[PDB]
Q: 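Sharing a structure here in C-alpha cells format.
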Amino acid sequence: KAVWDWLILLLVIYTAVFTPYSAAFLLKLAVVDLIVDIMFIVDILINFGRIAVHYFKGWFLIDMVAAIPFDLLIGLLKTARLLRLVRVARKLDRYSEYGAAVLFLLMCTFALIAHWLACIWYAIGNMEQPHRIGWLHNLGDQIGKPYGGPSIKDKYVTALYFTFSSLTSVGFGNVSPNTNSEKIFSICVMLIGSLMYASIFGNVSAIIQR
Amino acid sequence: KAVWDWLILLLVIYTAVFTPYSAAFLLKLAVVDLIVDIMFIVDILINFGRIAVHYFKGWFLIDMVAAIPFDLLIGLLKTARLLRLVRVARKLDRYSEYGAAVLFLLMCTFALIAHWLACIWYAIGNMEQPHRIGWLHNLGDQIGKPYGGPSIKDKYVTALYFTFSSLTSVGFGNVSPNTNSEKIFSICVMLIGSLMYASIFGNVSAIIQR
Amino acid sequence: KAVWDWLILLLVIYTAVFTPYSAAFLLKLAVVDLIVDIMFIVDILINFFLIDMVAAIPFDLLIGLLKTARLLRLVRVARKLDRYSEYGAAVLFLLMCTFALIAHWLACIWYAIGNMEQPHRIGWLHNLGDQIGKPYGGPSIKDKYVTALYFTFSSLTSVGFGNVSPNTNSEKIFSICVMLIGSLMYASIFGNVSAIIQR
Amino acid sequence: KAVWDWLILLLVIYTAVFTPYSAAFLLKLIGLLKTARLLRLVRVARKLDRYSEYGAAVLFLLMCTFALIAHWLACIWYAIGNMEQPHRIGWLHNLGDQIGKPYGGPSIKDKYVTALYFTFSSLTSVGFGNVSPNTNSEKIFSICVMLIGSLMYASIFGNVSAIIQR
Ligand SMILES: COc1ccc(CCN2CCC(Nc3nc4ccccc4n3Cc3ccc(F)cc3)CC2)cc1
C-alpha cells in the first residue's frame, strides 16, 4: 500500500501526459490505456468496520466521473480522465515528505504545464489552418516539407519547443505568432509563465540551500 | 453602503482600461461611460453636516475635476477621467486585507501598465504613419493586409502582445523597433519591466504565503 | 557642504556620460567642459590629493583619445559614499544610474567595435543602414548611438529583440562578454534592489 | 599544501576545458576513450569544502562552472550540428550563409565562437535570433538547454545575491 500511492502517482502522471496528446494530435496503443484504467478501477475498489460512508462523502463521486468509460469525435469525451489529478492533489502531504520529492514534483508540473500549453497551441494552429499566416505553414516552409506537410512528430516537437521558449523567456524567433488568436494565446502564456516561473524558481532557489 | 467600495473599484478599473484605449485608438459605447459618470457623481455626492467641511478642503478638488464634463480637443480632454485612480490610491487600506485581493491587484496593475504602454506604442506608431519603416507597415505586410491596412482589433492585439513580450523580456522577433522614437520607447519599457519584475514579481512565493 | 557634494556627484555623472561618448562617436561643447574643469579645480582647492591631480591634468598640445583619463572622477564619488548610502530612494536612483552608465559604456564599446570593421553586408552597421533605409556615409550619429544603446539595453535585459544581432567573430565575442557581465551585474544590482525594496 | 590545491584545481579546469573541445572539434576513436578524464573533477568536488572559505572564491568558482557548462554544451551542440551536416536544414549551413563563406565553409574558430555564443544566449534566456534550431534533434537539445540554463541561473545568482548581502 505504501508503494501503491507512488504507483498511482506515476499512473496519473502518465495519463496527464498522454490524454491531451491523444485528444489534440492523434484524433484525425490502447493496451496501456486499458491497463491503466483497470489499475485505477482496482484502486477505487481497494479504497472502498464500514468506512464506506466516509468514502461517499464528496470524495468518491469525483473519482467515479473519472473512472467510467465512454464506449457506446469521442476523444473529447475520454478527455474527462484528467480529473484523476485530484487524487494526487488530495495527498500532497504524503508526497512532500522530502525536499528532493518537492523538486521532482516542481519539475514534473512545469513540464506538464508546458506540454498542456503545447497541445493547446497545436489545436489553435490546427483548427484555423483550413481557412500563409498560420505557424504550421511557417514550420512547413522552414524545414524541407512544404504543406501532406510535416509529420506529427515534427509538429509536436516544434510546439513543445515554442512553449518552452515562451515560458523560459528565450523568444527564439524561429516560431513567432502571427494570427490574432495566436497572439492572445501568447499573452495568456506570458501571464501563466510569469506566475509559474516566478513561484517555481523562487521555491527551488529556497530549496537548494536547505 | 459598504459593498459600494468594491463597485467603485471595479468602475475605476473599467475607466482606467477604456479611457486610454478610446483616446489612443478611437480618436480617428457612450451609454456605459455615461452610466459610470453618473455613478461617480452619485459617489461624490455620497462622500458628503460636520463631515462635509472635512474633505471640502481635502480630496474634493481632484474628485470634482475628474467628474466635471467637457461636452460642448474634447476627446483629448476626456482623458481627465484618469484622476479616478486616486480613489483606489487613497482607499488602499480596505483593498489589502487578503492575499487573494493583493494578487488580484497585482495582476490588474500589471495588465493596466501593459495596456497603457500598448496605447502609447500605438500612438507613436500612428504619429509616425505619414512619414515600411514603421511597425504598422510591417504588421500590415506580415498579416497579409498591405497598406486600408490592419483593422483596429489587429493593431490593438499586436500592440498589447509586443508590450507584454518586451515587459516580460521574451522578445518574440515578429514586431521589432525600427525608428528612433520606437527604440527609445523600447528602452523605457525594458527598464519599466525589469523594475516591475525585480520589485514585485520576485519572492512571489513569499507574497502568496501571506 | 552637502549641496557641494551633490553638485560634484552630478558633474561626475555628466563627465562619465560625455567622455566615452565623445571619444567613441565624436572623435573623427568645449565651453561646458572648461567650466566643469575649472569647477573641479576650485573643488579640489576648497577640499583643503594625488588621485585628483592625475585626473585633472589639462591636456594641451591623440588629445581626444587621451582625454579618457578624466574618467577617474568616480572614485571621488566612491570615497563620499556615506552620505549617498542613506535612507530613501537615493540608493535605488544611483543603482539605476550606474546600470544605465554601464549600458552607455557598453554601447560606446559596441560602436567602437562596429566602426573598426566598417571599411573592411557583414556587421551591425551595414544591417542598420539597410533597415532604416540609409544604405552605406549612412546612418547619422544619432541613429547609430540610439541603435547601439538599444541593442546594449536589450542584451543586458535579455530581451533579445532580434533586430540587431552580432554577425562577426569580434561582435560574437563581445556579446559573450556582455552576457557574462550582464549576468553578474543583473544578479548583483537586482538582488540588492529587490532587498532594498522591503523598506 | 595550500598552493598545491589551487594548482591542481587549475589543471583540472584546463583538462575539463580541453578534452571535450578536442573530442568534438579536432576529431580529424582514441579521443573518445581519452574523454574519461572528465571524472577527475571528483577531487575538486570533494575539496569544494576547502574551496568554500570566502565568498569571492565561491563566486569565482560559480562563474568558472558556468563557463564550463557553456563550453560543454557548445561542444555537444557542435557535435549535433556536425553529425547532420553531411546529410539548408541545420545551423551550420545557415551560419555559413550568414558570415559569408558558403558550405570549405566556416573555419573551426568561427564554428566554435558561434556555438559558444548560441549556447550562452540560450543559457541566459536572450534568444538573439541570429541562429535558431531547425531540426528535431536541435529542438530537443535547445529544450534541454533552456531548462539547465534557467536552473543554473536560479542557483548561481541566488548564491550571488546571498554573498552580496554578506
Ligand atoms: C545577460 O545576462 C543576464 C542574465 C540574467 C538575466 C535575467 C533573466 N531572467 C530574469 C527574469 C526575466 N523574466 C521576467 N521578466 C519579467 C517581468 C515582469 C514579470 C515577470 C518577469 N519575468 C519572469 C518571467 C520569465 C519568463 C516568462 F515567460 C514569464 C515571466 C528574464 C529571465 C538577464 C540578463
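Chains are designated A, B, ... according to the position of each sequence line. Just so it is clear, chain A uses the PDB entry numbers, and the residues here are 407-434, 452-471, 487-510, 520-578, 582-597, 603-665, in order. Throughout, chain B uses the PDB entry numbering, with the displayed residues spanning 407-434, 452-471, 487-510, 520-578, 582-597, 603-665 in order. The residue numbers of chain C are those assigned by the PDB entry, with the residues present covering 407-434, 452-471, 498-510, 520-578, 582-597, 603-665 sequentially. Heads up, chain D uses the PDB entry numbers, so what you see runs 407-434, 520-578, 582-597, 603-665. Atoms within a ligand are numbered from 1 in the order they appear, just like the ligands themselves. Hydrogens, waters and symmetry mates play no part in the numbers below; they use all other heavy atoms, side chains included.
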Q: Not sure I'm reading this right - what drug is at ligand 1?
A: astemizole
Q: Mind checking something for me? Which chain has more close contacts with astemizole than the rest, going by UniProt?
A: Voltage-gated inwardly rectifying potassium channel KCNH2
Q: Can you point out the other chains with any heavy atom under 4.0 Å from astemizole, by letter?
A: A, B, C, D
Q: Of the transmembrane segments of chain B in UniProt, numbered from the N terminus, which have a heavy atom nearer than 4.0 Å to astemizole?
A: 6
